[PDB]
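Check out this one - saquinavir stuck to Endothiapepsin.
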Amino acid sequence: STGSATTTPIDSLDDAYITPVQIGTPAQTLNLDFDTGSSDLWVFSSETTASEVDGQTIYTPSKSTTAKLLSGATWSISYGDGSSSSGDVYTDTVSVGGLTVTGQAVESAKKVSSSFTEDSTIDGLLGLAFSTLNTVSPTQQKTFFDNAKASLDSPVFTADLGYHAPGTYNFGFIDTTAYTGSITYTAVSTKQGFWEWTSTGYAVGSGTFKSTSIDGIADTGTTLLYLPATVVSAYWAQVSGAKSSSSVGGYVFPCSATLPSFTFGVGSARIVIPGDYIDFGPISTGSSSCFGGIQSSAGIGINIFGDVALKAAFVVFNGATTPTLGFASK
Ligand SMILES: CC(C)(C)NC(=O)[C@@H]1C[C@@H]2CCCC[C@@H]2CN1C[C@@H](O)[C@H](Cc1ccccc1)NC(=O)[C@H](CC(N)=O)NC(=O)c1ccc2ccccc2n1
């Protein structure tokens, strides 16, 4: 089997991407943020504290003839910015772009933090990291991909995120028309439960490539590109007026600037992020100071190849016995 679903930016800045997911019988379609950095499929629901729902579409398990309460199971998760959610668990039929998994754990939110409430466009998350990170207790549950894998034509999924445009998540096949040149595969460590890999270096604009190992994770659930302070300083030094602002919380730059590209290495291959991809717009409405799309990972404890990087590539998440990651230009 295969599946193919369009993923759409939630706003004009590509702050995140949402993908329609069918849950239950009859289908209830929710727009979920596919997150290769986490391993829980959770949704706003009829069980979510009423005051914490503000425009999201909810899953109502009582209206699904295939929903079954997973007895005694609960979940609770906290993300990189301290946002959080928790609740109970059902199993139900879940379909993505024509690919169907029966008995998928659907984690129904009883509580969500303010950041989730305040974002009406995201109805929940669909985790695509390794199932070892799933938070369901006392019996850990499998991700959608892990459940589907055996049925897939090939044990892979691909992320093809758009710049200011929709893109595609495919399951079970590689669309050879969706990229240019070849796909370069690179080793993955699953020790921390992430799609963790090592970039071979970087360049800023038309500058010389610096060969240096940068360990990081491919995280579609993170908007920006977080890299070591040395690398980030070298990038922003090429932008007149750019500065790291403690008050704003990172590098900002004059909105009048034309940004240089940023290149990262995948083995001997090179992925070029155009400068425009690195502009996240005014820091506050009407400001002429803009927020940068490349930020320091210092104090995070890990580098993050988030959407800013991933959207410049066609990315293969290879879930074979020994997982690997593939990157192609597009
Ligand atoms: C939960 C856990 C399993 C630990 N996985 C993680 O926390 C993973 C994996 C790594 C863990 C160690 C630290 C680095 C990454 C962070 N990621 C965070 C990853 O799972 C999570 C998914 C998510 C999506 C939507 C809304 C909330 C949360 N993204 C995040 O925590 C980051 C935080 C940030 N500001 O960088 N969220 C965003 O980049 C983000 C999401 C939505 C937005 C909407 C509008 C405007 C900006 C937006 N920014």
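Residues displayed in chain A correspond, in order, to the PDB entry positions 1-330. Atoms within a ligand are numbered from 1 in the order they appear, just like the ligands themselves.
The option from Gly37, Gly306, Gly124, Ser39 that lies nearest to atom 3 (C) of saquinavir, judged by heavy atoms, is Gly37. For atom 40 (C) of saquinavir, the closest heavy atom belonging to the protein is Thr223 OG1, 3.4 Å. Taking only nitrogen or oxygen atoms, main chain and side chain alike, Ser38 does not reach within less than 3.5 Å of saquinavir. Inclusion of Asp119 in the set of residues having an N or O under 3.5 Å from an N or O of saquinavir is not warranted. Within saquinavir, counting atoms from 1 as listed, the ones closer than 4.0 Å to a heavy atom of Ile304 are 14 (C).
Of all the listed residues (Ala129, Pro9, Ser78, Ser85), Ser78 holds the heavy atom that lies closest to atom 4 (C) of saquinavir. Residues of chain A near saquinavir cluster mainly in the UniProt domain Peptidase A1.
In terms of protein heavy atoms, atom 25 (C) of saquinavir is closest to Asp33 OD2, 3.3 Å. Among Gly216, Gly82, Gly249, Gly80, the residue whose heavy atom sits closest to atom 7 (O) of saquinavir is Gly80.
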